[PDB]
Amino acid sequence: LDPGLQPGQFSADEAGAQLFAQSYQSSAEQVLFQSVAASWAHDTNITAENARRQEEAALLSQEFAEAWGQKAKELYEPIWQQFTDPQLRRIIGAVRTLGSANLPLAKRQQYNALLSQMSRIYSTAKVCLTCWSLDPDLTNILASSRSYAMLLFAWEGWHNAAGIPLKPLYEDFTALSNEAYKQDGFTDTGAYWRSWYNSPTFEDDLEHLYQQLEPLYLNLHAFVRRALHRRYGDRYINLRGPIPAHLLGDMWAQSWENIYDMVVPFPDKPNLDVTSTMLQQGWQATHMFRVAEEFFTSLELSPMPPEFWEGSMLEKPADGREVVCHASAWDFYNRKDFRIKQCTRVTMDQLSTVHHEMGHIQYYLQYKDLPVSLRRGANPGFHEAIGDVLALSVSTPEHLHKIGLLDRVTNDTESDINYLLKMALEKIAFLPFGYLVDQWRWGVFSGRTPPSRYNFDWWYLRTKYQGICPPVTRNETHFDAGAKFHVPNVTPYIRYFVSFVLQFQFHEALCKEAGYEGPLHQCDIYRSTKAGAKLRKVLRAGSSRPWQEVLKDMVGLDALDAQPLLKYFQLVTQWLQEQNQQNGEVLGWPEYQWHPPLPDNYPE
Amino acid sequence: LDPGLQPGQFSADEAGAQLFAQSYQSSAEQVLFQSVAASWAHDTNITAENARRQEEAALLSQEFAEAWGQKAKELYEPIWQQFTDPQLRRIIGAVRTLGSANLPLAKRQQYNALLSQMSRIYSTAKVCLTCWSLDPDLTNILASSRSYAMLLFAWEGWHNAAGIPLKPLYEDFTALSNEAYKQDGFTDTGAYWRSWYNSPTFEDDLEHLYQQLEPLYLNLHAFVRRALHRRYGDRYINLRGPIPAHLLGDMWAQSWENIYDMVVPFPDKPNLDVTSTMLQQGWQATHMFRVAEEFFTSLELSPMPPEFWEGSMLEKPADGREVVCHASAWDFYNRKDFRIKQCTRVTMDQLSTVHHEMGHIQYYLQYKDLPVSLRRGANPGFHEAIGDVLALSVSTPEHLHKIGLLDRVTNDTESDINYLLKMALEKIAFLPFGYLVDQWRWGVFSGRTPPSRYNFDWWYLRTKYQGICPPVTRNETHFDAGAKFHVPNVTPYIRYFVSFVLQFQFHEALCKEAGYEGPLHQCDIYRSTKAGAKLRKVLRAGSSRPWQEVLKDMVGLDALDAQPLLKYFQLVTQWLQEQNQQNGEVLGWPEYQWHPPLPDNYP
Ligand SMILES: *[C@@H]1O[C@H](CO[C@@H]2O[C@@H](C)[C@@H](O)[C@@H](O)[C@@H]2O)[C@@H](O[C@@H]2O[C@H](CO)[C@@H](O[C@@H]3O[C@H](CO)[C@@H](O)[C@H](O)[C@@H]3O)[C@H](O)[C@H]2NC(C)=O)[C@H](O)[C@H]1NC(C)=O
Ligand SMILES: *[C@@H]1O[C@H](CO[C@@H]2O[C@@H](C)[C@@H](O)[C@@H](O)[C@@H]2O)[C@@H](O[C@@H]2O[C@H](CO)[C@@H](O)[C@H](O)[C@H]2NC(C)=O)[C@H](O)[C@H]1NC(C)=O
Ligand SMILES: *[C@@H]1O[C@H](CO[C@@H]2O[C@@H](C)[C@@H](O)[C@@H](O)[C@@H]2O)[C@@H](O[C@@H]2O[C@H](CO)[C@@H](O)[C@H](O)[C@H]2NC(C)=O)[C@H](O)[C@H]1NC(C)=O
Ligand SMILES: C[C@H](N[C@@H](CCc1ccccc1)C(=O)O)C(=O)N1[C@H](C(=O)O)C[C@H]2CCCC[C@@H]21
Ligand SMILES: C[C@H](N[C@@H](CCc1ccccc1)C(=O)O)C(=O)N1[C@H](C(=O)O)C[C@H]2CCCC[C@@H]21
Ligand SMILES: *[C@@H]1O[C@H](CO)[C@@H](O[C@@H]2O[C@H](CO)[C@@H](O)[C@H](O)[C@H]2NC(C)=O)[C@H](O)[C@H]1NC(C)=O
Ligand SMILES: *[C@@H]1O[C@H](CO[C@@H]2O[C@@H](C)[C@@H](O)[C@@H](O)[C@@H]2O)[C@@H](O)[C@H](O)[C@H]1NC(C)=O
Ligand SMILES: [Ca+2]
Ligand SMILES: [Ca+2]
Ligand SMILES: [Ca+2]
Ligand SMILES: [Cl-]
Ligand SMILES: [Cl-]
Ligand SMILES: [Zn+2]
Ligand SMILES: [Zn+2]
């Protein structure tokens, strides 16, 4: 480690710790920058040379984290907890968690190589007969094809191509991660990930939320299953069994917005999927980011700086180059460079994803002047919820009208049910998946799910929560969890479940602050500088204060609460219940063993 | 209740509590007697009258615990914790746990009635094609038929006939039981059941034990699956998938000794299943119990008293009267009456069941002069292990020879493998099932497994631990867990897993104390008065002391330990590994979704 980057001496006391943290910050920005830079270079241009570079950068970071980690231990191990300065106890608390830097060098190199090989396998996998990529080709098939055999080929192809080769690496990664975090005092890596919510009752709290939300999901599921039955027939849809996992518009069945056209309650009201209009009008990626931005400035939040426009990758490269297409928002930790990397497609759901990603950037712009260790959301779920909250306003028929995407206006009970159903396809359908992913991963980290049951336990959870089944037989040579980006890329998931609850609490609060007094689901906070100021206080706080207190200042309550979500959706919750009873549906999937047959001429 | 049964007044201090506890136990014997008495009259004679009587007694019993529980909290709720006398602290801890008695009266009724209907449904269910009962007909089919289609009909018949009508009742029971135990401070009934082991780390401890044992089970499974493939063929056995749940000798696939004849590793040697010889020689139920008894008296433990021989039901009644055939051992809490109720069949596995049950009685005889509250095992696993320990000695080829059931065996490597394999079929195969039943039930009690997932979670666990699959499609109308006796009869199961480890610890201790020095698996403690004396000390102690301390005095360690089991089985564990490698077996069942097809014209 360069001399300039190494820790000096500090007193063993709180005044030393303050100088320590200032010295650290000087040197940490340079180290975070080189690492983020090498990551960007690789992810926007996957080559062996760029992967070698990212590996060395990652090793440099570990070296740093180890020297500054062991020094912070040596000097403040038994005294940091008693520091008067709360921001300082959290900075110190971060620095002395070494993570992967606890590993000896050989294992550190093995760890860094595993992350790089898993990322590469996921982001370069293809399905062939001439080969389809995930983004855009398979994405578009899952979204728009309504042919059982085509969707299946895409589903199976992807899960096989991405999952099967990840499995040996994922096992090795899991052992090393655990070894690393056990030397910071955690039983396993999952315990460390959960520690970020600083709540003793986290798992119980999540479970109590899910119990309130589950009836919504059960009713949506049944109603969608019925619409699937009418299209696909009795051979492929069991009205008392799980839904085949390739029919819901998305590779993971995680959001069902793309089958909206098959399930829309009242088809001669306004068409609320404005994708056709966007194409018809000639929208491109950069227009989508510009329109997101202008929402932010309408609140008196910050525009995207020049560095963002010059550096970002907003379209899939046409010049050959392999890239990681999975959308992401990047802080370079130099207070100057912030970028998005997205293989943006011109669709309504991508407009929402553009807002999601820009919400990440906006957080990074607002907390850029905190110490590096406090440059995070009050919890991870808060960072995931910012962009989603604005997208709630953008999605409204009134807002869409204002931005020229929805010529007709209507305010009647049918249009409202259409809108809430569309939104339930996006938000309610995701809840089970949001919850289950890290239940899977927590079991893997703890050792409850060994390699020999990775796929068995995955599908147990998928059926248990989402009420889906795999459309072809799977066995333990398959590694279907590995066909979802966040598993190989080691990104936690429970943030998204937290986010899907939190965003409705935020929405309700920002709507009331804006002076809005109509139904919660028709609120649009566009141009509300009051709403703006309230959101700004959250974004500026970073992780400098407990998330419970930041939440309480924002929404007046110190806990996750499903009530705002339930309220937003109440009309469609009631409507779906009534429809399902009148149709005589079975709620749930009591034929839990059922799987559909193979199509007759498959795949030939 | 009667006034003479309702509590006195007592000072709020340790001296009061000593008198209190004495006054409690005097009155509780009378109350336990009439309860157990009515239960007996019902189980050997299922009618509505007998059910009504049992219900009354249960109500009376709740009334008792109510009053005595109220009084114990009222008098000592703060202070009992700081009593010097540990034995007293345990008695008072128990008294203020009210259970079902926390229930309001109407729900007391309701709970008492669902038990009766669930018991009845299980024990009177039949399979018709002239109708087959579980015991003996379906038991015998599962044991000895080698026709895929007959076994299937029996398996599906039973699961459907018993399971399906239990489900609505089981749901109501579960809610009532949870409500009861929440008022004593347990999150749920499962947490109460588990409190019996007085161990913060119980669940972790069980899991750590299962991890050491699991390789043994995996090697046995693969070896047996291979044997079944040779027999049934590739259509019905997947060499990389779970074994169809009807093929292993038992309705629940829980122990596999009855397919021994199909898997025996060196077949030409003497037949270590002495069933043929027992029938040839004209053995009957009575003889089986008399031979068991005499093993106990060889140790200078107690003979069965006259009241046991006069009162017991040791055969299935031929008047036809509905009975609960499931074998059980009965303490009447009067220090006089002790009985077994068993529909005894003349087989070698029943001879072990006879010893198992007689182990319960021996316990009850040895602690009959204790305060009722100490009249249980040091933990429930202790009680389940006693008769099993003696049965391990009885099952040895040398012991069998001594009681005229087998010609002398050659003491060579092959006869040893044969024997250890038979014993693995009985003991190792049981381990997963022993562990999973209460995993299922704890999930139901905690709310993790709602009615809408009773069968899904059941089969998850079955496949996860036993590596079996249902041979016909099941859905949530089926309630396959209800087709196992202990579920409708609300009897915990984890005691059997604990027992199956404990028994090997005991066996090693008793063998060392007998002065035996050969292999663990060839020991016979028959006629060792020293071994007998050591077991007597355990049995006399009841639950007067922490099971950890009782165990330490007996065996040297203060915890459950798989090492004695591993050592008993070492030779066959090594052999099974080698067989499996040479056949190129896959250990486990990676084709986890696999289920067999239906046979051609079924039914
Ligand atoms: C779409 O339509 C709803 C319904 O509007 C109401 O019912 C219709 C059937 C007609 O009778 C309308 O005249 C009638 O307003 C609109 O929601 C309603 O908006 C108004 C405010 O804009 C709400 O009233 C306010 O109530 C607050 C206190 O809550 C008072 O302080 C205010 O003075 C004010 O009167 C009204 O409660 C609300 N109704 C519901 C069910 O929430 C909605 O605004 C309209 N939406 C769009 C997008 O135009
Ligand atoms: C596990 O499955 C693989 C993949 O086979 C496919 O998935 C199976 C679960 C089942 O649906 C099969 O019909 C599918 O072919 C099995 O390996 C393949 O086996 C096929 C056919 O048996 C064979 O032709 C291929 O070479 C194998 N590979 C591929 C690319 O399909 C595997 O044997 C199953 N069991 C185990 C333990 O992995
Ligand atoms: C049976 O023979 C063993 C010795 O032979 C070995 O172990 C057998 C179990 C069998 O598997 C053979 O093929 C083996 O070659 C006797 O064991 C010894 O006994 C003495 C006396 O206690 C003891 O000191 C030794 O340690 C024992 N050795 C072993 C192998 O543990 C065993 O006692 C014999 N018993 C009978 C029934 O004849
Ligand atoms: C597109 C989005 N991408 C993620 C990218 C996260 C990431 C972390 C670290 C290194 C690299 C990438 C994000 O921006 O949070 C995403 O994966 N998801 C999740 C998904 O698509 O699975 C859940 C989605 C909820 C709605 C908004 C988009 C959310
Ligand atoms: C036959 C035996 N019957 C049980 C009877 C239990 C019982 C408790 C309360 C009221 C009524 C019955 C017993 O003696 O533990 C039994 O069920 N099993 C269990 C079973 O057969 O499922 C597990 C067996 C392990 C070896 C010994 C026999 C064990
Ligand atoms: C992708 O990254 C590669 C590194 O693998 C970049 O390669 C450098 O590019 C130019 C010519 O292509 C040379 O001057 C360098 O010496 C290259 N290095 C190697 C190892 O070839 C490449 O330019 C990148 N592509 C883009 C468009 O950024
Ligand atoms: C549950 O299953 C019942 C019995 O048959 C089983 O399922 C049918 C569909 C066949 O596949 C058969 O081989 C199985 O053992 C059905 O009658 C019943 O409708 C099923 N569904 C429900 C909701 O109970
Ligand atoms: Ca779409
Ligand atoms: Ca989508
Ligand atoms: Ca048997
Ligand atoms: Cl997270
Ligand atoms: Cl128990
Ligand atoms: Zn995000
Ligand atoms: Zn027993």
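Sequence lines map to chains A, B, C, ... one by one, in the order shown. Quick note: numbers on chain A are straight from the PDB entry, i.e. 1-129, 135-609, in order. Numbering of chain B is taken from the PDB entry, so the residues present carry the numbers 1-129, 135-608, in order. Order of appearance sets the numbers: ligands from 1, and atoms from 1 within every ligand. Keep in mind that the numbers below use all heavy atoms, side chains included, and drop hydrogens, waters and symmetry copies.
The name given to the drug at ligand 4 is trandolaprilat. Lab note: most contacts to trandolaprilat (ligand 4) come from the chain UniProt lists as Angiotensin-converting enzyme, soluble form. Going by heavy atoms, the other chains that come closer than 4.0 Å to trandolaprilat (ligand 4) are A. Residues with a heavy atom within 4.0 Å of trandolaprilat (ligand 4): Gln259(A), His331(A), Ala332(A), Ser333(A), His361(A), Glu362(A), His365(A), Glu389(A), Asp393(A), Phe435(A), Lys489(A), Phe490(A), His491(A), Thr496(A), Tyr498(A), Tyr501(A), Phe505(A). Nearest to atom 25 (C) of trandolaprilat (ligand 4) among the protein's heavy atoms is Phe505(A) CE1, 3.5 Å. Protein heavy atom at the shortest distance from atom 4 (C) of trandolaprilat (ligand 4) is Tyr501(A) OH, 3.3 Å.
Listed by number with element, the atoms of trandolaprilat (ligand 4) under 4.0 angstrom from any heavy atom of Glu362(A) are 1 (C), 2 (C), 3 (N), 13 (C), 14 (O). Which parts of trandolaprilat (ligand 4) touch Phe435(A) is read off a 4.0 Å heavy-atom cut-off, strictly below it: atoms 23 (C).
Interface of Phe490(A) with trandolaprilat (ligand 4), defined as ligand atoms under 4.0 Å from a residue heavy atom, comprises 12 (C).
Within trandolaprilat (ligand 4), the atoms closer than 4.0 Å to a non-hydrogen atom of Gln259(A) are 20 (C), 21 (O), 22 (O), numbered from 1 in the order shown. Against a heavy-atom cut-off of under 4.0 Å, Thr496(A) is close to the following atoms of trandolaprilat (ligand 4): 8 (C), 9 (C).
Shown in contact with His361(A) at under 4.0 Å from a heavy atom are these atoms of trandolaprilat (ligand 4), numbered in order with element: 13 (C), 14 (O), 15 (O), 27 (C), 28 (C). For trandolaprilat (ligand 4), the atoms closer than 4.0 angstrom to any heavy atom of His365(A) are 13 (C), 14 (O), 15 (O). Distance from atom 17 (O) of trandolaprilat (ligand 4) to its nearest protein heavy atom, with residue and atom name: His331(A) NE2, 2.7 Å.
Residues of chain A near trandolaprilat (ligand 4) cluster mainly in UniProt domain Peptidase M2 1.
Nearby ligands and ions (under 4.0 Å from trandolaprilat (ligand 4)): ligand 13 (zinc ion). Counting the atoms of trandolaprilat (ligand 4) from 1 in the order shown, those under 4.0 Å from a heavy atom of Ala332(A) are 3 (N), 4 (C), 5 (C), 14 (O).
Counting only heavy atoms of the protein, atom 23 (C) of trandolaprilat (ligand 4) lies nearest to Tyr498(A) OH, 3.5 Å.
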